[PDB]
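In this PDB entry you will find chloramphenicol.
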Amino acid sequence: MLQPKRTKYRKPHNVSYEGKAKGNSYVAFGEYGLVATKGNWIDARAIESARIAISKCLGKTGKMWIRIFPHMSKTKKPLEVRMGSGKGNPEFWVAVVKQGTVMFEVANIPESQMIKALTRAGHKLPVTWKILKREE
Amino acid sequence: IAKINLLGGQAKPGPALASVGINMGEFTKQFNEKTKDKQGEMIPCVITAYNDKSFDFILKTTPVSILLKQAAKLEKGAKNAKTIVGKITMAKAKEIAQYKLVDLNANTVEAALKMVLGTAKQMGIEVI
Amino acid sequence: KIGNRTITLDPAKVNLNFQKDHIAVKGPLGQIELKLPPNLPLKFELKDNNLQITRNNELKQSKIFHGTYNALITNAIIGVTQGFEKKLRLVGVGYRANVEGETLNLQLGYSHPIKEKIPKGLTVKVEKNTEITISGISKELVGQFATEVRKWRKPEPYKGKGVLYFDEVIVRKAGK
Amino acid sequence: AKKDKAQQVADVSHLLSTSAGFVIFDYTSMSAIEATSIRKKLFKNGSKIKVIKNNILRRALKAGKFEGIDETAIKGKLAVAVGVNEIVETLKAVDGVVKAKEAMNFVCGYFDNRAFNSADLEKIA
Amino acid sequence: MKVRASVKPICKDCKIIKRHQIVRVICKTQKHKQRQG
RNA sequence: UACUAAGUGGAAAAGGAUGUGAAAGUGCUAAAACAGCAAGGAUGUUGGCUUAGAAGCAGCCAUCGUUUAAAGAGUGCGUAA
RNA sequence: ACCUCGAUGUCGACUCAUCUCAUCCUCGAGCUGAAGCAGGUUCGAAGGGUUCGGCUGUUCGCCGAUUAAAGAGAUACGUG
Ligand SMILES: O=C(N[C@H](CO)[C@H](O)c1ccc([N+](=O)[O-])cc1)C(Cl)Cl
Ligand SMILES: [K+]
Ligand SMILES: [Mg+2]
Ligand SMILES: [Mg+2]
Ligand SMILES: [Mg+2]
Ligand SMILES: [Mg+2]
Ligand SMILES: [Mg+2]
Ligand SMILES: [Mg+2]
Ligand SMILES: [Mg+2]
Ligand SMILES: [Mg+2]
Ligand SMILES: [Mg+2]
Ligand SMILES: [Mg+2]
Ligand SMILES: [Mg+2]
Ligand SMILES: [Mg+2]
Ligand SMILES: [Mg+2]
Ligand SMILES: [Mg+2]
Ligand SMILES: [Mg+2]
Ligand SMILES: [Mg+2]
Ligand SMILES: [Mg+2]
Ligand SMILES: [Mg+2]
Ligand SMILES: [Zn+2]
């Protein structure tokens, strides 16, 4: 469960995911990457599910990079609570993924295994994923 | 056709042969008659199982890579290929090749030479 | 390709009358009739001992029709010259069949007696009680008879009991 | 590629030009153990059994200015059995082996700038 | 017969067909029959 | 002038599919292409630890080499093996 | 908090039921770690049926004895 050690403000305004791709747009650490095609809010739980799935289907020498990080938190008012009396308490942390940001990258294991590994990582995420390679 | 495992000094048993119709009791003498030159060593036999009943049999050499262990002066090879423990020269390799030329289907003797290297690589023994 | 495959036939006894929509094939055995659906996108040509089917366009159904009726003409010719046969291995503990007139009766495992009517043009013989041979001049009819005889006792996977086809292997299971 | 095929056709044509005897066989129902056994029983560098392409064999034959062998290499299974100097013992050896086999056909070959028939192969042993 | 929203071959012998404008998977092994692709 | 065969049009997602049309590249092919059919499809050996046992198809020590057109410590099934 | 505070009677029970299928029984079929009997799961199917009691206002619920079965809901949580 990825989580910032401390934050200055407990309850920040939500960060929009509509728009193009700001940073993390091109594979620059590995050479295959899982790009997104639909901006959405994805939480640290989905990262851990996808990262554990990919790691289980990885090998003994493969190496991985995690680009996105859940910096921003989100709140949720408790159930059966009527409107008013202030904002709710922070519940879960979500990373803002825009259309075009490379989320996961893999290297150092043959080609066939990485496509399968990226596939299982993207089936754990709500965004519509697509595979990209690193420019020579 | 059956490749059956029988000890050189003890080959009278074996029920599987009886299923094909082989005359087991008459043929026991033939099995034991031509293996006394290699007593104690385990020698499998190939049997031309068929209905002619004149079952021609051929003996067979003990499996390889046990003489590699004897020549390397070690009982069991390394459990990792990278760690090299045993060393074998060309003279010990060539004695095995001319010994094992009978069972091998190679035309030349250098082909049998590089069989020793081939099985030594599996054992991890350096070819010096 | 099936459409562009030769259909070399000897003129010894097999003739093929091509009407508008009524193909007639006559030979050693009975005559086989094939109906042509209207507006068929494929024209036959009748040279000496060679029939060639050609098409007018590159449509999907045009290609599909060109292949299917070449096979049908091949199948019709083969049945007229030498016929078709199917072999059924009826195997079991008390299973046996025999033929009386036009009805083939079986006693597989059923309290109610089993009778089966034989259609026209097909002859079924029973040399041995465990054996049935269906011989005919139309492939689909003998196939329909074979499968409709089978439907009474489909071969089960635990033992060999059933109306098996010949040289047909079934996956075995061990019901301890 | 084309250059390798050109090199291949040239060398086989040269080999059949400098040779003296040829016989064609089929590859129907004999084991690889048996195939290795035939190699050791010949043991002569003049005698050589080889799988050749049907197309490459005819094209090398055109370059060899020979004739009449075409009927052998048509709709058939083709072997090449080249013999240098003496070929009768090779033919005798292969004839003994096919008798030891289960089934075998045997197609006409070429020797001494002359061609033979199937029965002529029976007496060439 | 197995009804699934997604159908994919299980073993290399499984073959995809289109019957009655519905995609099914047929194979020698009857345990690998899928539908509703 | 093309496209659709779904009444789609005339409501929907993650996911799945030899539906079909267009385009841009690349491999082989009348020195014969692909599928299918007919043949072979190997030897040391069943390598060795290992496992009651595995030895073409348990985990391994790895992931051999020759003959040869081809052949794999095997493609599965399968055999206690 | 959009209709109704110049009035829309709100639980349960009784009577009468009707409709939907995400089917409890009956009907058909595929797979099974389906020998047979009895099962499990999925698919198709709404024509009919779907019990009586003890305690509690009770819906619910537990228990008793049967049944092929004692289905899930909607209809102003149907119906003064
Ligand atoms: O006033 C009545 N019913 C009102 C009409 O405005 C309304 O139907 C109503 C019914 C039930 C209710 N309740 O259960 O609290 C409240 C309002 C009746 Cl008491 Cl006459
Ligand atoms: K009111
Ligand atoms: Mg519509
Ligand atoms: Mg598709
Ligand atoms: Mg397309
Ligand atoms: Mg309010
Ligand atoms: Mg308001
Ligand atoms: Mg109102
Ligand atoms: Mg009023
Ligand atoms: Mg009133
Ligand atoms: Mg239903
Ligand atoms: Mg009715
Ligand atoms: Mg009382
Ligand atoms: Mg309600
Ligand atoms: Mg009410
Ligand atoms: Mg109610
Ligand atoms: Mg309520
Ligand atoms: Mg009323
Ligand atoms: Mg009332
Ligand atoms: Mg009243
Ligand atoms: Zn399958």
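Naming convention: chains lettered A, B, ... in sequence-line order (proteins, then strands); numbering from 1 in each chain. Worth knowing before you read on, the calculation uses all heavy atoms, side chains too, and leaves out hydrogens, waters and symmetry mates. Start at 1 and go down the list; that is how both ligands and their atoms are numbered. Header entry for method reads electron microscopy, 3.7 Å. Excerpt of entry shown; contacts counted in excerpt.
Including duplicates, the parts belonging to chloramphenicol are ligand 1.
In this PDB structure, the PDB entry names the chief binding partner of chloramphenicol as 23S ribosomal RNA. Lab note: other chains with heavy atoms under 4.0 Å from chloramphenicol -> G.
The source species given by the entry for RNA chain G is Mycoplasmoides pneumoniae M129.
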